[PDB]
Amino acid sequence: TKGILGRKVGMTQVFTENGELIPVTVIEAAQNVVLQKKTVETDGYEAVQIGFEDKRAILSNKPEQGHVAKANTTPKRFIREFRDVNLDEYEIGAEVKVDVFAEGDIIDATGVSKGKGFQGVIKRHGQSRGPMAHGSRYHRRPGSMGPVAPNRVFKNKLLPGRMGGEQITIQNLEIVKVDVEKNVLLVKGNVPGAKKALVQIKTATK
Amino acid sequence: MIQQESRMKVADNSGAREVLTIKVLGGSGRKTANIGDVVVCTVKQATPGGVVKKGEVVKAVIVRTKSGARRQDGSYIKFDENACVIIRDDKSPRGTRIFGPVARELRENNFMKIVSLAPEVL
Amino acid sequence: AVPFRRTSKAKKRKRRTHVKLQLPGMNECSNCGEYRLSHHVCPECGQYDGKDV
Amino acid sequence: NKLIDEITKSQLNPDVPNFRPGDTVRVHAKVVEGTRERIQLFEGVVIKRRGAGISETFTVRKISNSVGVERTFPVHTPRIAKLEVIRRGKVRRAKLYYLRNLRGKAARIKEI
Amino acid sequence: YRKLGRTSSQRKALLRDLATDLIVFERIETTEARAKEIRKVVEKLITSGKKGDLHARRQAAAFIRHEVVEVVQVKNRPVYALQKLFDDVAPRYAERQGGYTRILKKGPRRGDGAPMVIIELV
RNA sequence: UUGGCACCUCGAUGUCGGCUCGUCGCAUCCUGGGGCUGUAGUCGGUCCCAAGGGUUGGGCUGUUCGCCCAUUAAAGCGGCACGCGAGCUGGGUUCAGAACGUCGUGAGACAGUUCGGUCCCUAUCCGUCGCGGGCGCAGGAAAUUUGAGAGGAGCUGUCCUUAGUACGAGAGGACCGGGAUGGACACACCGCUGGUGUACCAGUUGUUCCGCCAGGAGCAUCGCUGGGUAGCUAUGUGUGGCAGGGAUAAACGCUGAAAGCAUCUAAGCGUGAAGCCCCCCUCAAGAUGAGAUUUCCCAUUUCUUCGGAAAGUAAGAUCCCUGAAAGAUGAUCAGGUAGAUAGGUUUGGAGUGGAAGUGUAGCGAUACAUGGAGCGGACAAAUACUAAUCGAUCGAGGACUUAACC
Ligand SMILES: CCC[C@@H]1C[C@@H](C(=O)N[C@@H]([C@H]2O[C@H](SC)[C@H](O)[C@@H](O)[C@H]2O)[C@@H](C)O)N(C)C1
Ligand SMILES: [Mg+2]
Ligand SMILES: [Mg+2]
Ligand SMILES: [Mg+2]
Ligand SMILES: [Mg+2]
Ligand SMILES: [Mg+2]
Ligand SMILES: [Mg+2]
Ligand SMILES: [Mg+2]
Ligand SMILES: [Mg+2]
Ligand SMILES: [Mg+2]
Ligand SMILES: [Mg+2]
Ligand SMILES: [Mg+2]
Ligand SMILES: [Mg+2]
Ligand SMILES: [Mg+2]
Ligand SMILES: [Mg+2]
Ligand SMILES: [Mg+2]
Ligand SMILES: [Mg+2]
Ligand SMILES: [Mg+2]
Ligand SMILES: [Mg+2]
Ligand SMILES: [Mg+2]
Ligand SMILES: [Mg+2]
Ligand SMILES: [Mg+2]
Ligand SMILES: [Mg+2]
Ligand SMILES: [Mg+2]
Ligand SMILES: [Mg+2]
Ligand SMILES: [Mg+2]
Ligand SMILES: [Mg+2]
Ligand SMILES: [Zn+2]
């Protein structure tokens, strides 16, 4: 199981050798370093901690500087753990390049979905509108809060509230191209998040 | 992108001039039919002396739509109108002639007799 | 629609725990010697504490 | 995006001629019929050209057997053997959607 | 871009009014939201002024108000805001790339607590 | 269900059907497993286990119901104030008008019909969905996390092959296994196809204005019309429910006595469901049981008999300011000259479609050239020109006991 951290650059399309045209997400994954290895003896579980993008000194504090000094590297914007990896691979301070993947590798992409702010039940939960005419005064409303008997509302009556900005995993995206000199992965289809969003690419759990 | 109540020109030689879509086939709640899909339909306008008569409930394959079709190569095809061809339970047309162009998608769905009779297959 | 019970003094006072003003963000100027909002012009001197006008 | 431009640059077909909406073009389109690959000519007026770089598409309209047919292509698709501009049309706009509601004579584009 | 509690046409009128005021008076007091919109519009008028040619003068003329700034006296002819923008204001920013305005924060207005600012050329 | 009773409510517990939103039971409609069959096969019948998910769109009628059309794997039956009117509707019913049949001498009335007919309310509390502030968590901090526990998901068709094999006199026609491809549903995203796009580009009418012409501006739904960027989007695209594992239900067995036999059961072994627990996705240490790892700061001053107190600080954080990928506000995240955070500027790009001025041709409307021109919100990159100045505020000094090393 291999893993890397990249930024979503954007979407485009590529023609396959076949001739088919496929949509791709461009993930730029430069400056991934191995910062720490967690073992069962020390931490209670196997994981490798990867630091992604380089960050100006004045944006880092002394606690951060002390943690990346152990891996002889500069402060890092994003630090994430990968579990289910082989710790025998990964030396502390080693770069992690996008060539840990190959064209045809099936990956899971994890990121935070775009923020839509306060949203109603129609957009947030795909509920149906009431009629728009025939005397209706019920358009974009949540529906009955429930029956009478329990003198209260059950605990998953879906209602308006803040919509996106959740963690999302898309499973089984094909890697379409790996460009090491550009530190670029091309992934078939889309991954969560706005442009410039952290994307965690790891080998498909399935 | 044809649904219940969508009317369609009949692109063939059988009596039917205009059909009304009664049902998109192939799924419990299937909303929409595309090029190459078979619909159940009623004949709303007939040609006097034709084989297929007004009020007859028939099956028809959609052979061109305004909502066209995407192809794997990333190209699309769209027609100026929605037309269908009345068929038997074997995918053969009730008519002897097909009028107007017909989408290549028919050849893939195995409507070979229709593809052969069509003046152009785009 | 309407209050079922009047609100007690305690409950009213708890609700107002957060109904308050914050102190303004201010500090003494060097040239003036008197208080001013940060990132504002100081009227005592009559200009921006740093940039003369 | 400059990085997406660099990555896609290699897939830009340089054989693509200069054409505008209003031009009559002849698309030599590859067609995989049964097993053997075939060239089907599609000749019509360029109705629309939209997008940028590898994502740029154009649409060609023709009347086939008294039915308007529109064919939309990626500009840089390798499934177009050859695109030749047959005549240069005199038009006043980028999108000739008005042609969708005109039949013969009324739908004529003046040649330049 | 900011909607300043106004419809589209009201907002264009407001921007043209304030843009002209800043060109004519060179220093105005307004609300922070208005100033943050005015800097964009005034800096583009000064850019036109620096371009200097007839096409740019006519683009500015479509925006700037027909206001008299002063009456100068050779006969005494009036000077129009457009003339001030092309002859007085623009030429004094000939060696300055952009950043023709500055916003000084002032303090809240008594009647509505609106945060007021000075916006000035320089 | 039709009823019986009259116990709560007449200083009001809104009553049918529908819409929205569901949730529960299982007496199971489908899908899963199985026994018997008057089970050859394909289909079925009947019973047992099984509530995970699923369970259509129309015609008629206020309807519920029901019949019908066309589908579907299937079109389950019930409960929740015949669920849900401070959520909607208001067709029916149950008001004042009017009329018909009928009854009544009449006023009027109905085992009846008909046309028409005011649906109020700013949410206090609990509850539900989101989002902050406080304190806690025996020092103060910055990150990375474990997962007790919770939520989500859970559906299914057709075709090909196995095989025209098994089975059958034929007609017909499989299990099991392998593949492909759908429907419905969900999540993400805008490259594509489209939608929108009220500070983008163009055309155009009327009238007023800019002194006039030219060129522009105002108002007429953004005047109208044709396009359209970013953003937001579905009807668009990508992906998912894969494959498992453990223990079981009904059931099938093995060994096996009680009961020299027999017997799946008593001791003891196995098989065995879409179900249970995992696996998958998300939240999660206020998990007060307040967990773990890495890193940072250190043991200051004056008082307090005493315990402790207060007052400068460290690491760090905030106020304030520039903002957007974030957003009701807080919050979050990107920045604050240790500077590309925003605006401007310069160069691009999309988009529009050929500016103005000038010239040429034409009697002229206009055309052509200069010239893919000019314009160009929100997109890209560079650039410190403008503004993120200058300040201030908060924030440790680590209790006791015992054990183990020591
Ligand atoms: C078969 C019916 C049985 C009775 C119904 C109920 C009652 O009287 N409802 C009132 C209601 O009028 C309005 S709703 C228009 C009021 O808002 C509502 O609160 C309420 O009073 C009215 C409809 O008659 N009774 C308690 C029992
Ligand atoms: Mg947002
Ligand atoms: Mg609906
Ligand atoms: Mg309304
Ligand atoms: Mg209760
Ligand atoms: Mg207007
Ligand atoms: Mg009694
Ligand atoms: Mg009462
Ligand atoms: Mg049962
Ligand atoms: Mg009706
Ligand atoms: Mg009821
Ligand atoms: Mg009701
Ligand atoms: Mg109610
Ligand atoms: Mg009588
Ligand atoms: Mg009535
Ligand atoms: Mg309300
Ligand atoms: Mg309240
Ligand atoms: Mg709990
Ligand atoms: Mg799109
Ligand atoms: Mg678009
Ligand atoms: Mg006008
Ligand atoms: Mg004029
Ligand atoms: Mg007027
Ligand atoms: Mg035995
Ligand atoms: Mg087992
Ligand atoms: Mg299943
Ligand atoms: Mg930038
Ligand atoms: Zn001062």
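Sequence lines set the chain letters: A, B, ... in the order given, protein chains first and strands last, and positions in each chain run from 1. Counting convention: from 1, in listed order, for ligands and their atoms alike. The figures here come from the full heavy-atom set of this structure, side chains too, leaving out hydrogens, waters and symmetry mates. Part of the entry, not all of it, is on display, and contacts are counted within that displayed part.
- Going by contact count, the macromolecule most engaged with ligand 1 is what the PDB entry calls 23S ribosomal RNA.
- Per PDB records, the drug at ligand 1 is named lincomycin.
- Chains touching lincomycin (ligand 1) with a heavy atom below 4.0 Å, listed by letter, come to F.
- Note: lincomycin (ligand 1), no covalent bond to a chain.
- Lab note: binding site of lincomycin (ligand 1), heavy atoms under 4.0 Å, is F/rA12, F/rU13, F/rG14, F/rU15, F/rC120.
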